[PDB]
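To start, the structure under review is shown below, and the notes come after it.
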Amino acid sequence: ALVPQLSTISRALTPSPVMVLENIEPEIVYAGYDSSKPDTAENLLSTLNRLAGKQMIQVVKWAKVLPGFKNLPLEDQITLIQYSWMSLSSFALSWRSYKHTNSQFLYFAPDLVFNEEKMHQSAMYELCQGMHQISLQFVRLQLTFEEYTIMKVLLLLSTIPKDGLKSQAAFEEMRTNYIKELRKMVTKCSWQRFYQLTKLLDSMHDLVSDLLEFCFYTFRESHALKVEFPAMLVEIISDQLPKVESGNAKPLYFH
Ligand SMILES: CC(=O)[C@H]1CC[C@H]2[C@@H]3CCC4=CC(=O)CC[C@]4(C)[C@H]3CC[C@]12C
């Protein structure tokens, strides 16, 4: 006569966290690249920035439905996103390059694929090589989509403020849960692969530092360099630059 609150049906039908990530993976975004304009550094970079703005809008929508992310306080939900935006951007860039081009090119968007030439023309050739190296690693490792999605969540939880987050305890829980996910995922029916993946995540820090250095530089000199940044990026970079440059961003490592 009393309706049970617990639900055996609901509990069994609930998809795995790995299945939820697959369900919420953002759809590919177009850059709106106009090949009728010359491929100068000013145009290529502005285009990339516009693409970045469109991508971050989807990343935010992704962060709202991310399991466990809602357990953290709002302030720690914005800081983590502003701190890891470059890392998520570069890592998703490598995944698309790997899946869509076998890591032969940098697949920024279906309408914008960089070959060596555009890499030189972009005026950030070495950085492009840096991100392309990660794509090559996806091939040697035969990274799987499941491994990818988990790794991306970890990147979102890879950089925190020096003084700490509002809920450092809640943060530690979520990060631990996802590291577990990757742990059980890399398990054959294992430690060497888990090692290769963790070191891959760690290497993202130095790469991201280099990308950010170029980003902060082009941002402060955008007028002189004529590189346009969309609203979404001005917001993110205006908050991140003074924090990163002041030694207030702490990177988390596995090794
Ligand atoms: C203009 C500039 O400084 C460049 C240097 C690093 C570049 C970013 C590198 C990573 C990246 C990957 C993408 O798929 C979208 C654009 C972004 C987010 C790039 C936007 C333009 C940046 C920020």
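Numbers for residues simply follow the sequence, beginning at 1. For this deposited structure, the header notes the method as X-ray crystallography, 2.2 Å. These numbers come from the heavy atoms of this one structure, side chains and all, not from hydrogens, waters or symmetry mates. For ligands, and for the atoms within them, numbers begin at 1 and follow the listed sequence.
Bound to ligand 1 with the most contacts here is the chain that UniProt lists as Mineralocorticoid receptor. The drug candidate or drug found at ligand 1 is named progesterone.
As for UniProt aldosterone-binding residues in chain A, a heavy atom under 4.0 Å from progesterone is present in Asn49, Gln55, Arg96, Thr218. The atoms of progesterone that sit less than 4.0 Å from any heavy atom of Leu48 are 16 (C), 20 (C), 21 (C).
Per UniProt, the progesterone-binding residues of chain A include some within 4.0 Å of progesterone by heavy atom, namely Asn49, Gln55, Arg96, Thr218. Among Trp95, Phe214, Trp85, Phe216, the residue whose heavy atom lies closest to atom 5 (C) of progesterone is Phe214. Interface atoms of progesterone facing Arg96, defined by a heavy-atom separation under 4.0 Å, are 14 (O). Per the PDB record, the organism listed against chain A is Homo sapiens.
Progesterone has at least one atom lying under 4.0 Å from a heavy atom of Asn49. Remark: progesterone atoms within the under-4.0 Å shell around heavy atoms of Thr218 are 3 (O). By UniProt annotation, the domain of chain A supplying most contacts to progesterone is NR LBD. Progesterone has a nitrogen or oxygen under 3.5 angstrom from a nitrogen or oxygen of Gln55. Less than 4.0 angstrom separates some heavy atom of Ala52 from each of these atoms of progesterone: 16 (C), 18 (C). Measured on heavy atoms with a 4.0 Å cut-off, the binding site of progesterone is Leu48, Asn49, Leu51, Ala52, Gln55, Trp85, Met86, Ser89, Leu93, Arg96, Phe108, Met124, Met131, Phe214, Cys215, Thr218.
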